[PDB]
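Structure of darunavir in complex with Protease.
Chain letters run alphabetically, one per sequence line, in listed order. Numbers in chain A come straight from the PDB entry, and the residues shown are 1-99, in order. Numbers in chain B track the PDB entry; the residues on display, in order, are 1-99. Remember, it's 1-based here, ligands and their atoms both numbered in the order they're listed.
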There are 2 protein chains.
Amino acid sequence: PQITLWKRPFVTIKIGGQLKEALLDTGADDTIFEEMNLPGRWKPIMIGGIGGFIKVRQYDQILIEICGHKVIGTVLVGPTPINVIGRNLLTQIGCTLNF
Amino acid sequence: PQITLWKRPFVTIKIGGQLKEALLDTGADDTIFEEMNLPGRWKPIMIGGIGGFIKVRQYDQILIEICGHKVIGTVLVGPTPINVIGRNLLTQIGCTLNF
Ligand SMILES: CC(C)CN(C[C@@H](O)[C@H](Cc1ccccc1)NC(=O)O[C@H]1CO[C@H]2OCC[C@H]21)S(=O)(=O)c1ccc(N)cc1
């Protein structure tokens, strides 16, 4: 699909058997989700943003179904105010900016 | 142009007679720039992101030439780690996400 930007570009996603909405974020290097139940081991990391830094749990090789598109990549879980799909996964669905 | 997301989508922009690079950020509602010399009045406000909030100077009806496209809108100036072009201006150049 082609998505305009008059509203926040939210999409429906399936991850860890759970349904969630996430923001298509070209400004996000990596994908991050609010606190959620994901299986397996994880590594502590910290990411940086406009307001400073947050500590998040890094999960690798996580399956996401983005608007009916399956992708596998790194998914961070932590205190983000909003779920964000980062470029690490946007590339896998062939997402592009156009103007 | 069509922009893939294997690299940070930076574009060159001219604002207040100054040359700068800014990140096409679909996850950014509004445009914000690092500290810079901008003319006119401004209103103090605070915006929020990952890791928290920052206090920024809000300027309205500011002219930006984004990759050869002229636009006029609100531009925030403050301690962002990166210059970001927000949806408030992306819409005016007709920018869209595609996959
Ligand atoms: C610091 C920038 C590179 C912005 N980033 C993505 C961006 O889309 C965030 C994503 C975002 C969105 C909502 C809340 C927090 C973060 N938006 C943002 O901070 O912009 C602010 C200016 O416009 C306002 O609109 C809301 C946020 C404000 S980021 O959140 O910090 C980020 C950084 C690293 C990763 N791996 C993932 C995300």
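One finds darunavir in this structure at ligand 1.
Other chains in heavy-atom range of darunavir (under 4.0 Å): A, B. Residue B:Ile82 holds the heavy atom nearest to atom 2 (C) of darunavir of all those in A:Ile47, B:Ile82, B:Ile47. Taking all heavy atoms of A:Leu24, A:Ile45, A:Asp25 into account, the minimum distance to atom 10 (C) of darunavir is reached by A:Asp25. Contacts with darunavir closer than 4.0 Å are made by side-chain heavy atoms of A:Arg8 only, the backbone lying farther away.
For atom 25 (O) of darunavir, the closest heavy atom belonging to the protein is B:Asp29 N, 3.1 Å.
Shortest contact from atom 5 (N) of darunavir to any protein heavy atom: A:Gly27 O, 3.5 Å.
For A:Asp30, heavy-atom contacts with darunavir shorter than 4.0 Å involve the backbone as well as the side chain. The PDB entry lists the organism for chain B as Human immunodeficiency virus type 1 group M subtype B. In terms of protein heavy-atom proximity, atom 38 (C) of darunavir is closest to A:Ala28 CB, 3.4 Å. If you check each of B:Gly48, A:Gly49, B:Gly86, A:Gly48 against atom 21 (C) of darunavir, the one with the closest non-hydrogen atom is B:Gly48. Within the 4.0 Å heavy-atom criterion, the part of A:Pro81 lying near darunavir is the side chain and not the backbone. In this structure, atom 30 (O) of darunavir lies nearest to the protein heavy atom B:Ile50 CD1, 3.2 Å.
The heavy-atom binding site of darunavir at 4.0 Å consists of A:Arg8, A:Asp25, A:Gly27, A:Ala28, A:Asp29, A:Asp30, A:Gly48, A:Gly49, A:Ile50, A:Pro81, A:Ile82, B:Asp25, B:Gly27, B:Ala28, B:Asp29, B:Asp30, B:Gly48, B:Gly49, B:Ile50, B:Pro81, B:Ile82.
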